[PDB]
Amino acid sequence: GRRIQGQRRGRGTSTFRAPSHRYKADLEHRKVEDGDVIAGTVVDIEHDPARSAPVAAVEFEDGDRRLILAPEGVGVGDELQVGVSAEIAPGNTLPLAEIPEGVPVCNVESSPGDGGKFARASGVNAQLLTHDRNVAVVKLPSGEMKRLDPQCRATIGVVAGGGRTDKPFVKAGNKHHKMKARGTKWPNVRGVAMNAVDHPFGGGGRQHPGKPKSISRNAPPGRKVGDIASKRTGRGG
Amino acid sequence: XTXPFXX
RNA sequence: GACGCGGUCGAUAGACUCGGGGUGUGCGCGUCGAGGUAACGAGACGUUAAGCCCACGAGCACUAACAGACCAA
RNA sequence: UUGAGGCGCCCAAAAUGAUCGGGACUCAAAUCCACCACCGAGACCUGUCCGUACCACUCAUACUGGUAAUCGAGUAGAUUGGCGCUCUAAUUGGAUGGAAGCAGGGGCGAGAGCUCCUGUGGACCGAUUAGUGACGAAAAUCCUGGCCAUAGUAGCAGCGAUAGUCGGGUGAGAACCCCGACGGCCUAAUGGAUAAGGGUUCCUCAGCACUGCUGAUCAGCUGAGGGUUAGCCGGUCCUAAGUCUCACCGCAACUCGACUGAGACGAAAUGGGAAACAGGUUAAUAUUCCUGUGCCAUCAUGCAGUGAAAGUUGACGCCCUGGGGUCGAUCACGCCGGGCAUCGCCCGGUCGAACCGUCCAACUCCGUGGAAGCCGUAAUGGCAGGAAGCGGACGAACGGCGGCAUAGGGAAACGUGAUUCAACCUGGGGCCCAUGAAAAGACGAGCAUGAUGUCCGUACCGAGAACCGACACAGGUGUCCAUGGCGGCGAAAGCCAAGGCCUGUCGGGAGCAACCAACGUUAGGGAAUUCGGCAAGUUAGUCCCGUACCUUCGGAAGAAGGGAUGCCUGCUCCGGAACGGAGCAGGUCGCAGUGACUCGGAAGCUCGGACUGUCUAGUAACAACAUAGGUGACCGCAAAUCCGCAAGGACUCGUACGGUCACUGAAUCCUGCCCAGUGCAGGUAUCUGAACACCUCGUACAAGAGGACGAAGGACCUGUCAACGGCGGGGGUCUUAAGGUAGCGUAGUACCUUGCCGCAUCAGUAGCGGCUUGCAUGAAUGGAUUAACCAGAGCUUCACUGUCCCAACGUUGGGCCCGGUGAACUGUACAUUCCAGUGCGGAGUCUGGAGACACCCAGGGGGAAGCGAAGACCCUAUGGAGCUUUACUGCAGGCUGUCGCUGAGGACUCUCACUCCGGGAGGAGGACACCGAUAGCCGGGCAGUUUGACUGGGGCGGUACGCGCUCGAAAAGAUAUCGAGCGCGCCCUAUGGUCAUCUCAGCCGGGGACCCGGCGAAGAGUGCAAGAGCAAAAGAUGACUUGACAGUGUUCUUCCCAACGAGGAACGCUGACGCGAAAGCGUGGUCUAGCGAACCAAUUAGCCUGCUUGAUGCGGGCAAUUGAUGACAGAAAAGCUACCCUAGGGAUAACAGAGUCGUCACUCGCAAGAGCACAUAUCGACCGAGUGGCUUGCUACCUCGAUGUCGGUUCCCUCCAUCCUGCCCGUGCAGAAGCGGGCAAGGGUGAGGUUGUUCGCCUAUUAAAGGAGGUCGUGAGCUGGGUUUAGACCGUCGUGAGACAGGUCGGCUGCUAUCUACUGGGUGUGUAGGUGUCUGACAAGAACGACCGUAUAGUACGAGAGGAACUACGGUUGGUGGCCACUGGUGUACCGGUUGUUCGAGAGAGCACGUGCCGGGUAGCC
RNA sequence: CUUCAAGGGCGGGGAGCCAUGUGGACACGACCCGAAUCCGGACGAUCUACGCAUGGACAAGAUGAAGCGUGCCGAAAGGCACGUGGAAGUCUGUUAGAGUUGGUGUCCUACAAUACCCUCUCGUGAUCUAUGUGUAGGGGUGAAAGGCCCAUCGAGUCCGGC
Ligand SMILES: CC1=C\[C@@H](O)CC(=O)Cc2nc(co2)C(=O)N2CCC=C2C(=O)O[C@H](C(C)C)[C@H](C)/C=C/C(=O)NC\C=C\1
Ligand SMILES: [Cl-]
Ligand SMILES: [Cl-]
Ligand SMILES: [Cl-]
Ligand SMILES: [Cl-]
Ligand SMILES: [Mg+2]
Ligand SMILES: [Mg+2]
Ligand SMILES: [Mg+2]
Ligand SMILES: [Mg+2]
Ligand SMILES: [Mg+2]
Ligand SMILES: [Mg+2]
Ligand SMILES: [Mg+2]
Ligand SMILES: [Mg+2]
Ligand SMILES: [Mg+2]
Ligand SMILES: [Mg+2]
Ligand SMILES: [Mg+2]
Ligand SMILES: [Mg+2]
Ligand SMILES: [Mg+2]
Ligand SMILES: [Mg+2]
Ligand SMILES: [Mg+2]
Ligand SMILES: [Mg+2]
Ligand SMILES: [Mg+2]
Ligand SMILES: [Mg+2]
Ligand SMILES: [Mg+2]
Ligand SMILES: [Mg+2]
Ligand SMILES: [Mg+2]
Ligand SMILES: [Mg+2]
Ligand SMILES: [Mg+2]
Ligand SMILES: [Mg+2]
Ligand SMILES: [Mg+2]
Ligand SMILES: [Mg+2]
Ligand SMILES: [Mg+2]
Ligand SMILES: [Mg+2]
Ligand SMILES: [Mg+2]
Ligand SMILES: [Mg+2]
Ligand SMILES: [Mg+2]
Ligand SMILES: [Mg+2]
Ligand SMILES: [Mg+2]
Ligand SMILES: [Mg+2]
Ligand SMILES: [Mg+2]
Ligand SMILES: [Mg+2]
Ligand SMILES: [Mg+2]
Ligand SMILES: [Mg+2]
Ligand SMILES: [Mg+2]
Ligand SMILES: [Mg+2]
Ligand SMILES: [Mg+2]
Ligand SMILES: [Mg+2]
Ligand SMILES: [Mg+2]
Ligand SMILES: [Mg+2]
Ligand SMILES: [Mg+2]
Ligand SMILES: [Mg+2]
Ligand SMILES: [Mg+2]
Ligand SMILES: [Mg+2]
Ligand SMILES: [Mg+2]
Ligand SMILES: [Mg+2]
Ligand SMILES: [Mg+2]
Ligand SMILES: [Mg+2]
Ligand SMILES: [Mg+2]
Ligand SMILES: [Mg+2]
Ligand SMILES: [Mg+2]
Ligand SMILES: [Mg+2]
Ligand SMILES: [Mg+2]
Ligand SMILES: [Mg+2]
Ligand SMILES: [Mg+2]
Ligand SMILES: [Mg+2]
Ligand SMILES: [Mg+2]
Ligand SMILES: [Mg+2]
Ligand SMILES: [Mg+2]
Ligand SMILES: [Mg+2]
Ligand SMILES: [Mg+2]
Ligand SMILES: [Mg+2]
Ligand SMILES: [Mg+2]
Ligand SMILES: [Mg+2]
Ligand code: NA
Ligand code: NA
Ligand code: NA
Ligand code: NA
Ligand code: NA
Ligand code: NA
Ligand code: NA
Ligand code: NA
Ligand code: NA
Ligand code: NA
Ligand code: NA
Ligand code: NA
Ligand code: NA
Ligand code: NA
Ligand code: NA
Ligand code: NA
Ligand code: NA
Ligand code: NA
Ligand code: NA
Ligand code: NA
Ligand code: NA
Ligand code: NA
Ligand code: NA
Ligand code: NA
Ligand code: NA
Ligand code: NA
């Protein structure tokens, strides 16, 4: 047969790449020798093409201009702070240690100083729960309990743009426009609609998968399709 | 090759 | 290709004129014309069975059937 | 009276024209019995010759003589002598007193071939002998070249662009080169400017050999000259997606490869961007040259300035909209010029840049002001956080204004105002799960004067002749001109300017026929056509009125239906106004007022997919794909998923409201049960589970053997179906987990099936509704339902109509004749055929007859199993490829243990390698992970392959695939079939061996046990088929025994003859044994079935042997036993292909033919029986005999280098077994109406509804509405609905690819006629100069067929009911031939009305496709 | 040689070697042509598919979503009317442009190796389009038809293995 679509993906051709050259900023937390002296003022609220959520343009005392992962509430004029001593209000960023338990946080770091990794999608937010001299348990938006180094920096508040998922796309055109600004090939042709040569589900005089859909984790690329290492399927039971 | 000559 | 007819001792074809037909009342001018100060005015009547037109007929030698070539026991 | 024989007769029906080969034959030219004489082969006899064989002579195979009654045909093939070609050598010759070759001719040889003569030619050429070899052609759809027919043929017509004509000019020559006039064509192009691309095609002169669809004096052609001028137009510069280079790293390596870093490259219309305008000029350039004016940059000098870098700009999406405003267009009036001539109208012009200066609306802001309800907009909106008003700062045009300009341009005038306003300028609003470049540069930042401003491009085309498409190709190919006039909603039609063209480049002629392409009009009927209304038509613009079911409330909807519509006169209303819009009153014309043009036919039921969208470039546009929506899966990012060999990379400037991987496919109501199998996942006492290390044995070591431990994985357990899938049989549980819930249902799923009932129609395999037992519906393999949408499938109605009845006339281009140009397909030969026959069974050529004078023109295509394409179907090949999978074997990849990196103190701590986060400090992690190596598991993701043979084709089935018996088998042996009957793949320690004793089945008699007697050659028994053998035994009983022994042979068999292995058997020997008195018997079972190679292993006894040598270990070998290949003389082995491919086959199937005729159709013989009695009016069983060649089947002869399917249609001929019609016979014949039969093929046998159907069912008519043959007549005639390609759906089956003798939607029909054939037309020759008139051998016809009515007659007959005929009349129908007074059609002759536009109006005209439309219509043709 | 033994197998009383011609066999291209393959290295995204960058294009008309306004009604919520507004993978449309349903027409040695005419669909968007640019052969690209990757596709083309 021929390589399946998932295999064409990896090659990184234009079709599968994201329009990076059209992206505004690689949102990442600022650095500070220490102290926390850093602070700036929101100048504008822009649209971020890579996340379909707003990003805030901020100006710091050291005249540094950078875009930030805008939580909800932040407006132009507002002043934000970054450091071990920053205030405990929405928009400010400080290590999990200096953050009071029970406070919604976003754009959490996985490794202190990595600039943020977790919870940075529209409306989501993490939840700092347990403190310690070593571990800072945080509940990520997926429900998992992530144990983290208390030195990992994070932003207070929930990410802006919440509720985006509530309104349906309604029409293909709308999807089309969104998909065009992402690293994704769209629309999607069903495997079962292809020829055997093209996909393990292809072929037949009627459309149905050849074998069962749940595939072993050990399956090789070219054959891993359908329900990957499913612990279960269906809704029942 | 498509039925009648040469459809 | 063939076939048929006429060729001045002629009506074969055209012109002209009739006859026989098709349309449907010409241009112009006169009167009327709702009105409009007037300018103007769609249209109506008359002149006008008008004007225009005919692959048919007739009359009619005016024009063209001239000149003349060839084959043949 | 009866028996027998001979010849004949009846029985006796077939398709183009009858037959014994034909003629024809009757006391024969038949038949039978005899006889006589002839004809007639290459046989037979005979003369001569030749070859071959043999004999005599001979060196000879040289002569000579002899023999052949017992020699003379031959494909494949074996054997042998010879001819010819090239060049070498030896020997030896010829040629300018004419070599070779070639042409024609003479001679020899059976022949390959040799030789001579004449001519041509003009320089080489042989012979003999021995050699040499790219040495001999009729063939290969052979190769290359040349050439004939084809043929003076097709094309130079078809396109919404139909284009020309008369004069004249030049010229040797003019339809097409040029001038004028007249007439046309193009209007987003046929005009203007350009990008790419071409590359000189541009201009001039000179030409016509080439090119130009004809010609050419012309030319994009040929030749020669010439032509492209830039500070201010492009390039150049900048950066975009992205590319390259260098470094680094990888790789065996590189011209390879990802990242990172630096550098460079990357935009000529169409990204950003310092600066140029006007006029003039050449044959050809032009913002480039020239004249005038202007501008930019840099630099130098001088003055100014010390500011100077923050900021602005470059610089930005989609939708709506306001304001400013130029050109253009139009209106008004003035001036200049032209046009027209009934009027007073109509056309053109009325110019003037860059630049310099100046003006500023919008936006923003400031002061004042002080709104509590006001201000404002097209709209949104604004405000005590300060509204309006007033004043002010900032601030626009490619715009206004002044200059530029006693510049330029114009023959002249050399205007002024207005409206609507492209460009350009500047605002307001709305949308995004979409956020709409960057950099150079510029501004910020003065002025004078001077200097410099190089390099590259510049011609022309830009297309129905300069580009791509082989072409001067009807194709393809980007940008700007979108504001020329009328028209109108319009960048629409139609008409017309400016500009361009008559080069979508061959012409001339015939009322110009048939036929064809496009098209107009057709009376009455109105879908009867057809698979189907295909094609065509109807409708139509605008306003008013009015509008159903259903619905997701959006829609449906322009539903439907109804009315109006022009011109002229005078007006009203809206608005600032328009040369804008809406109305009113009166008048008035036509058949018609959206008058042409432009311009929907409407309604309903059902299926499918929700919708817009996608797709098979080039037969599928669809129900298929997509989609939003629904759902499940994986993953916390050092992730999941994916790419790379590696270095590395996509996702990712991303982070669960994410993105990956899949399924379903809008909404609405819903989505039952099953975890047994398979999959995935989790768990797991126990079991299983590799390698390293470890223990034991072994080996001075090692190989090797065993053990212990045991990872993932498996067993086992659990979870899971919106995971693959499943949802029955039986009874009032069984398989295998459950056993079909809501729904839906004869379905695009239902075989039966045209299911049944209903609707609808005259009639409805259709359609719809209901029922529904569902061959074989059913829930995200989604079920049901559903508004809207649709070049989707089916059906109904109104309307419409040449689809049809049934065809006609017309129009345009061809066709036909002429001038010019000028192919191709195809060709073994011969060829005037026709009817029959025969033949490899489908003949122009064979056989018999018939017909036939030659040549030519036109036609429509019957035949040449026509041309074209080495059949796609089917089979075959130890062919190919794509695809699948629990086929065979492997390879990646994933998981897992182990070793190395790797370090300190069965679980644990640590830091120092190593990894990651962090700019760094330093944080996390940590001997793990990564990486290298290895082991186990999973592993169609990928690779290579296999997947047999036989066979009345193949497949399925079977195995006649290794063996044995009877029969077939034809009295030796041998002998086939998917021939008939049936067996073997073992069993037995005795069921073997010997010896002794003995005789069995069955029956009879005496006391199904046992005992006694008799009969009893064999029917018993002997392991198992069958056939055969056996009686003091080969059987039974008893006893004893292990010969079922080791070794080695002979022979037969396997395999007749006749080679071939294993296996088998018969019969010996040697050795050792058993039994018996002994002879002797025992080489398994009475005989014929019970079987297996090499390699390798194990095993038995002895021996040989391993690389200088000894010892030990472990090997190699001689002989033999056991282990299986049943496809049985031995491969280790699954499928699909409709996506297909190749080699072939008529060695083999499908169609058709051919043979057959069981089947089918029809008949005959006999005649039981019934028919109230009566076989025979009528019906007619059994059985028996046949005919046909329509059905079906069989066969495998013909065709696979192609004989096109079914049905239909059209057009022609035929058969008779006759449906009607004519003439008849019988009757259970009163009549009338029937029934059965005979002769008979002249004519007729029709129209419709369902279905692709043939068939058939049904309706109404009818004299009747017969059947069959012609390659199931007819595709170089049509059609294409079904079968039968590629797309898709449903059901069933399959793990899957995919399948179906199931259904369903869609799905390209090639070719110029050489021959023959016929229909018509000519030219010749024959009869042997003429005119006119005839004859008639023969030939053709259906030229006529049939029905209804009246009189006969309410009569004959009949109780009545009912109800004939002969004959004579009238008419109808079908067919036929002709004709046009009449009716009707046409009538792009003609005349009229009228719309739009153009010629100023008027008059009179052109165009609107070959008439704008409407009305009428002559002749002719019908 | 096998062998207690016996019986078997093979060999034995001197003819070969070389050369030249020739018959035949085996490997090789193996008498000649004949086909679908398979493999290697290269050349192609001037066609076309999909993406990206930078530009361009869409007469005219219809329908009239939200939002806003005015008026009426209401205590309010809010309702109704009219207007304004101008939304839409919206409608009509040969605007330009794109597409390709039927005629199973014309053509079918064509004008054309996919054309012509009429008919027909879309035509503000998942739109069309120019130029530049990326992806390469068991690989791309694919709203999936085994479609397309220069008249070439169930594995392009060229040359080589041959
Ligand atoms: C015209 C022709 C051959 C003739 O010169 C010779 C014949 O008449 C003999 C014949 N041919 C036939 C039956 O007898 C016959 O049925 N042929 C010819 C008509 C369709 C199929 C045929 O195979 O269709 C099959 C289906 C049955 C699956 C598929 C579609 C194959 C088609 C194919 O390869 N066509 C080639 C054409 C061959
Ligand atoms: Cl999304
Ligand atoms: Cl000889
Ligand atoms: Cl240029
Ligand atoms: Cl505004
Ligand atoms: Mg993309
Ligand atoms: Mg990031
Ligand atoms: Mg999909
Ligand atoms: Mg498919
Ligand atoms: Mg596969
Ligand atoms: Mg499906
Ligand atoms: Mg499915
Ligand atoms: Mg085919
Ligand atoms: Mg002989
Ligand atoms: Mg000699
Ligand atoms: Mg030969
Ligand atoms: Mg000819
Ligand atoms: Mg014309
Ligand atoms: Mg020229
Ligand atoms: Mg000249
Ligand atoms: Mg550059
Ligand atoms: Mg530019
Ligand atoms: Mg020029
Ligand atoms: Mg030029
Ligand atoms: Mg031309
Ligand atoms: Mg009619
Ligand atoms: Mg009908
Ligand atoms: Mg019919
Ligand atoms: Mg139609
Ligand atoms: Mg007014
Ligand atoms: Mg009309
Ligand atoms: Mg149906
Ligand atoms: Mg659809
Ligand atoms: Mg197609
Ligand atoms: Mg379609
Ligand atoms: Mg199509
Ligand atoms: Mg979805
Ligand atoms: Mg679908
Ligand atoms: Mg029904
Ligand atoms: Mg379910
Ligand atoms: Mg034929
Ligand atoms: Mg063949
Ligand atoms: Mg096949
Ligand atoms: Mg194969
Ligand atoms: Mg790193
Ligand atoms: Mg495979
Ligand atoms: Mg191989
Ligand atoms: Mg076979
Ligand atoms: Mg015998
Ligand atoms: Mg014996
Ligand atoms: Mg073996
Ligand atoms: Mg053994
Ligand atoms: Mg065998
Ligand atoms: Mg055998
Ligand atoms: Mg083939
Ligand atoms: Mg045969
Ligand atoms: Mg008869
Ligand atoms: Mg007859
Ligand atoms: Mg037929
Ligand atoms: Mg017939
Ligand atoms: Mg035919
Ligand atoms: Mg045909
Ligand atoms: Mg033809
Ligand atoms: Mg069909
Ligand atoms: Mg059909
Ligand atoms: Mg069909
Ligand atoms: Mg003669
Ligand atoms: Mg006209
Ligand atoms: Mg390109
Ligand atoms: Mg409105
Ligand atoms: Mg639309
Ligand atoms: Mg439209
Ligand atoms: Mg397919
Ligand atoms: Na499938
Ligand atoms: Na021979
Ligand atoms: Na010409
Ligand atoms: Na100005
Ligand atoms: Na649309
Ligand atoms: Na569509
Ligand atoms: Na299960
Ligand atoms: Na399970
Ligand atoms: Na089911
Ligand atoms: Na007609
Ligand atoms: Na013919
Ligand atoms: Na294939
Ligand atoms: Na095999
Ligand atoms: Na043997
Ligand atoms: Na018969
Ligand atoms: Na037919
Ligand atoms: Na008859
Ligand atoms: Na036939
Ligand atoms: Na047919
Ligand atoms: Na055809
Ligand atoms: Na191969
Ligand atoms: Na390309
Ligand atoms: Na409103
Ligand atoms: Na079309
Ligand atoms: Na390939
Ligand atoms: Na090759």
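Reminder, nothing fancy here: chain letters follow the sequence lines and each chain counts from 1. The deposited model was determined using X-ray crystallography, 2.8 Å. Read the numbers this way: they start at 1 and go in the same order the structure lists the ligands and their atoms. Values reported hereafter were calculated over all heavy atoms of this structure, with side chains retained and with hydrogens, waters and symmetry mates removed. Only a slice of the deposited entry appears, and the contacts counted are all within that slice.
The molecule at ligand 1 is the drug virginiamycin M1. Of the listed SNX-111, virginiamycin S1, VIR-576, MEDI0382, the one present at chain B is virginiamycin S1.
In this complex, the main macromolecule engaging virginiamycin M1, as named in the PDB entry, is 23S ribosomal RNA. Counting only heavy atoms under 4.0 Å, the other chains near virginiamycin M1 are B, D.
Name recorded for chain B in the entry: virginiamycin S1. Among the ligands and ions shown, no others lie under 4.0 Å from virginiamycin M1.
Organism of origin for RNA chain D, per the PDB: Haloarcula marismortui. Here no covalent bond joins virginiamycin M1 to a chain. The heavy-atom binding site of virginiamycin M1 at 4.0 Å consists of B:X3, D:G871, D:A872, D:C873, D:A1150, D:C1151, D:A1202, D:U1203, D:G1204, D:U1284.
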